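Just below is one structure, and these are the notes that go with it.
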Protein chains: 2
Amino acid sequence: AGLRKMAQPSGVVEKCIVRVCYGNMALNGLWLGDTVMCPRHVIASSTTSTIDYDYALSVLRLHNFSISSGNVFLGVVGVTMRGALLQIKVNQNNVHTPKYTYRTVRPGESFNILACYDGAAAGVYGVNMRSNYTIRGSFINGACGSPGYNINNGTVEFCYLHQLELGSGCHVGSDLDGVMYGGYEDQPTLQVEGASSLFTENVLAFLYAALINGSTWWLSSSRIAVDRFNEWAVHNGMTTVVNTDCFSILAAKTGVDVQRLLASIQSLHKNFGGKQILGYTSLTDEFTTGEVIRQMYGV
Amino acid sequence: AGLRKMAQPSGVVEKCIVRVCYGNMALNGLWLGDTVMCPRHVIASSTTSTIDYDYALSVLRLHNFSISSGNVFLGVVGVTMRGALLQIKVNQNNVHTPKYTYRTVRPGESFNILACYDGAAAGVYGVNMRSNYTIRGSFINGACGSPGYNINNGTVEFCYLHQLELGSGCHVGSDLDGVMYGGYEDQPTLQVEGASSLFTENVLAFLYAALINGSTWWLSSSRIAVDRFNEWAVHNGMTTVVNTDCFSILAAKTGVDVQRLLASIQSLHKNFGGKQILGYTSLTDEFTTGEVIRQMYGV
Ligand SMILES: *[C@H](O)[C@H](C[C@@H]1CCNC1=O)NC(=O)[C@H](CC(C)C)NC(=O)OCc1ccccc1
Ligand SMILES: *[C@H](O)[C@H](C[C@@H]1CCNC1=O)NC(=O)[C@H](CC(C)C)NC(=O)OCc1ccccc1
């Protein structure tokens, strides 16, 4: 019993973290095979104005990099621009490289953050990509380059490298192709986050978890159809429901259909805060159907 | 920016997990040196009526154990009772044993859980020991023997091995000395959790984190002496405050003294009136001052 937001174990990723320094900047990189990937703002000069990154690369000198795995320093052979990342070729292969892939995550999907400082892992926690392509992380100065990952059947799927914090305190990365999530710029100029909405398909998963754990006080007797709910959602800070086949096994185990949970969601919006669900805010959207099925029933 | 309940990286503990099977029982053990520690109910022939564990040990057949680290099987040399644990001497030293200590945690303290099934880590999350010596876990069948840990200066401090779930779904372990937290029994008979109170010093830490992250709408201009607050606390489900030295740094960073936060707690203890603080709709006691200082300022 219980429901907790968990991270997948971090050991296989920990041995891939390096410290990457250039000039006055220091952040983290991801060392796989004979390449280190890191946010390109490590080569930028200090300025609140816009950075011409092609110019910064044109004046770069390879001997000004300092890249280290612990107290072992890696020699730099070359550098390539990769979107908002640098691909740095080094003279040593990481013998602890796991089997890995890259994958760009989509809104509402969960993954794991390995928060790193000075080229070493400090903390690990699960996150969920919001509708405005930000995550609700915890990062302070020095965290850039911290990776996000999922572990799928022995292969590490890398999906995020940390890049910046917005004025609201939420967090933005790029994928490992160098594409910034949400299209935000890797620039120091002021940008404000897009509007954020609760991810309704994840709220549905959370409410099924609550039923399985014996929480029913919030359950409506009424029903509302998916498309009518979706019309209400986009005026009330919630995302539309697109996928429902994923709920079939949860509806079968609990005896409760999606239309009943959608009506419950509308009512919870009306006395919002009056009571928690399993000790959480009643409209919690950080859990996916997959995470719930794993925690309730196993892998 | 941000505040997240996070775990310390799990890599050094993952290499210590083994699968321990006996008869119809399957759980997890902790392999350090040439010893495997696991909950002694692995040798119980029921978990349904009161168990004479000394008898169970006296009729044990060493060969009926199956202990494995991945696909490496460990030979059992002998078995000793250690409180609510078995101390199993095995024929191989774990070469990946980290530097480690044991320590029994106290109410209000945080640590990390590595949830394990079939002798392998599946998830990691942070917890905080309640005043009734239970934790807010997520565990299903097969999780017993999952360890709790902290890491300090590269030394692993083991403080918990998972033992049982109480009727309400909260979770109980033993320390690595074999002493059950809270004096609960490692017996299948009926047990109910004791009364629980919110840990006020942790609620204070959370409100300081909220201030550092720009959440101030709830902050009282009024204040209340620690004396007066403690009279209210014991009739309102909260612990008394005696240590305020742990807030000196946070009060200096924010300019807000403890007495104003105590008045705010009184106002917020019933509800947040429909608003949120760092995403919460009710007070949380899961964060210590140490976690908050680390996440806001590093170390
Ligand atoms: C890389 O370590 C850093 C991570 C930030 C630092 C504070 N919390 C974080 O997550 N990223 C940057 O400093 C980034 C560099 C740009 C060239 C992309 N800029 C940034 O995040 O500053 C925006 C900001 C505004 C207001 C408060 C805090 C940060
Ligand atoms: C060890 O794997 C197991 C972990 C429980 C199982 C369900 N969630 C857990 O944390 N511990 C026990 O099964 C324990 C055995 C002692 C009483 C000897 N008994 C227990 O936890 O209460 C029984 C129970 C079983 C299944 C669900 C809820 C309670």
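In what follows, chains carry the letters A, B, and so on, assigned in the order in which the sequence lines appear, proteins first and then strands, with residues in each chain numbered from 1. As a basis for the values below, the full set of heavy atoms in this structure was taken, side chains included, without hydrogen atoms, waters or symmetry mates. Each ligand, and each atom within it, is numbered from 1 in the order the structure gives.
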Name in the PDB entry of the chain with the most heavy-atom contacts to ligand 1? PEDV main protease
Provide the recorded name of the drug at ligand 1. GC376 (bound form)
Other chains near GC376 (bound form, ligand 1), heavy atoms under 4.0 Å: A
Which one holds for A:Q163 and GC376 (bound form, ligand 1): side chain close, backbone close, both close, or neither close, with close meaning a heavy atom under 4.0 Å? backbone
What source organism does the PDB entry list for chain A? Porcine epidemic diarrhea virus
If you measure from each heavy atom of A:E185 to GC376 (bound form, ligand 1), is any distance below 4.0 Å? no
Please indicate, with yes or no, if any protein heavy atom is found under 4.0 Å from atom 13 (O) of GC376 (bound form, ligand 1)? no
Which residue and non-hydrogen atom of the protein lie closest to atom 25 (C) of GC376 (bound form, ligand 1), and at what distance in Å? A:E165 O, 3.9 Å
Does the residue A:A143 have a heavy-atom contact with GC376 (bound form, ligand 1), meaning some pair of atoms that are separated by less than 4.0 Å? yes
Under a 4.0 Å heavy-atom limit, does A:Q187 contact GC376 (bound form, ligand 1) with its side chain, its backbone, both, or neither? backbone
State the covalent attachment site of GC376 (bound form, ligand 1) as residue and atom, or none. A:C144 SG
Binding site of GC376 (bound form, ligand 1), heavy atoms under 4.0 Å: A:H41, A:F139, A:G142, A:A143, A:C144, A:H162, A:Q163, A:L164, A:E165, A:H171, A:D186, A:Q187
